[PDB]
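Numbering, chain A: per the PDB entry, residues 7-13, 39-181 in sequence. Both ligands and their constituent atoms are indexed starting at 1 by order of listing. What you see below is based on every heavy atom in this structure, not just the backbone, and it leaves out hydrogens, waters and symmetry mates.
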Amino acid sequence: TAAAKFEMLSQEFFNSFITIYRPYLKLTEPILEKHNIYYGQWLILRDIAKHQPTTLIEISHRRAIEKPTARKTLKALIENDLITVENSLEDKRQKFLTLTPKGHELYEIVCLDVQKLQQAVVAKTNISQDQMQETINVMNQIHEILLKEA
Ligand SMILES: NC[C@H]1O[C@H](O[C@H]2[C@H](O)[C@@H](O[C@H]3O[C@H](CO)[C@@H](O)[C@H](N)[C@H]3O)[C@H](N)C[C@@H]2N)[C@H](O)[C@@H](O)[C@@H]1O
Ligand SMILES: O=C(O)c1ccccc1O
């Protein structure tokens, strides 16, 4: 349920990359399942790690989600002692978030596995380090038009 829980040339172009996303989650899912953590949770955990100290506000915006799912997910991450909250007396949404030592352990373990899984998939294809630096360039152009719009 880890991947499950997270529930014309141009047509063939957007399809090559927009249809790889779920197989992908289904493949990298066990990595997460092994740390008793879900995708949504994990995506949040990673966001806190790349930008801590951060706050729900900041996280919602960056991640591009709704405070309700962001907040409900943050609570579990907390509930599971993977991130901390600077104890003040402001509103939860404004407080600071940081990974707990536990969370760093987990995070770093997951990171290392994904990288390994990913390096493996490439080593099973004819793709070159050129094709990968060149894919990224096509890709980023698109990712830009999508964000510089939304
Ligand atoms: N808001 C929607 C989000 O959709 C994606 O979901 C991403 C998670 O990061 C991955 O999580 C872990 O598995 C991946 C497999 O390698 C790794 O790439 C990643 N570093 C690991 O953390 C997850 N499995 C799929 C995908 N990567 C983007 O990432 C994120 O930016 C974007 O905003
Ligand atoms: O329950 C919390 O401690 C909490 C903290 C930050 C953001 C949302 C929350 O529910």
Asker: Identify the drug located at ligand 1.
Answerer: kanamycin
Asker: Which drug or drug candidate is found at ligand 2?
Answerer: salicylic acid
Asker: What would UniProt call the macromolecule that lies against kanamycin (ligand 1) with the most contacts here?
Answerer: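 The chain with the most contacts is Uncharacterized HTH-type transcriptional regulator SAR2349.
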Asker: Which organism does the PDB entry give as the source of chain A?
Answerer: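 The deposit lists Staphylococcus aureus.
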Asker: Can you figure out which UniProt domain of chain A lines most of the contact region for kanamycin (ligand 1)?
Answerer: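 By UniProt annotation, HTH marR-type.
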Asker: Quick one: what's the binding site of kanamycin (ligand 1) if I count heavy atoms under 4.0 Å?
Answerer: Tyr52, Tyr55, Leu56, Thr59, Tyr70, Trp73, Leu74, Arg77, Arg94, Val145, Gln149
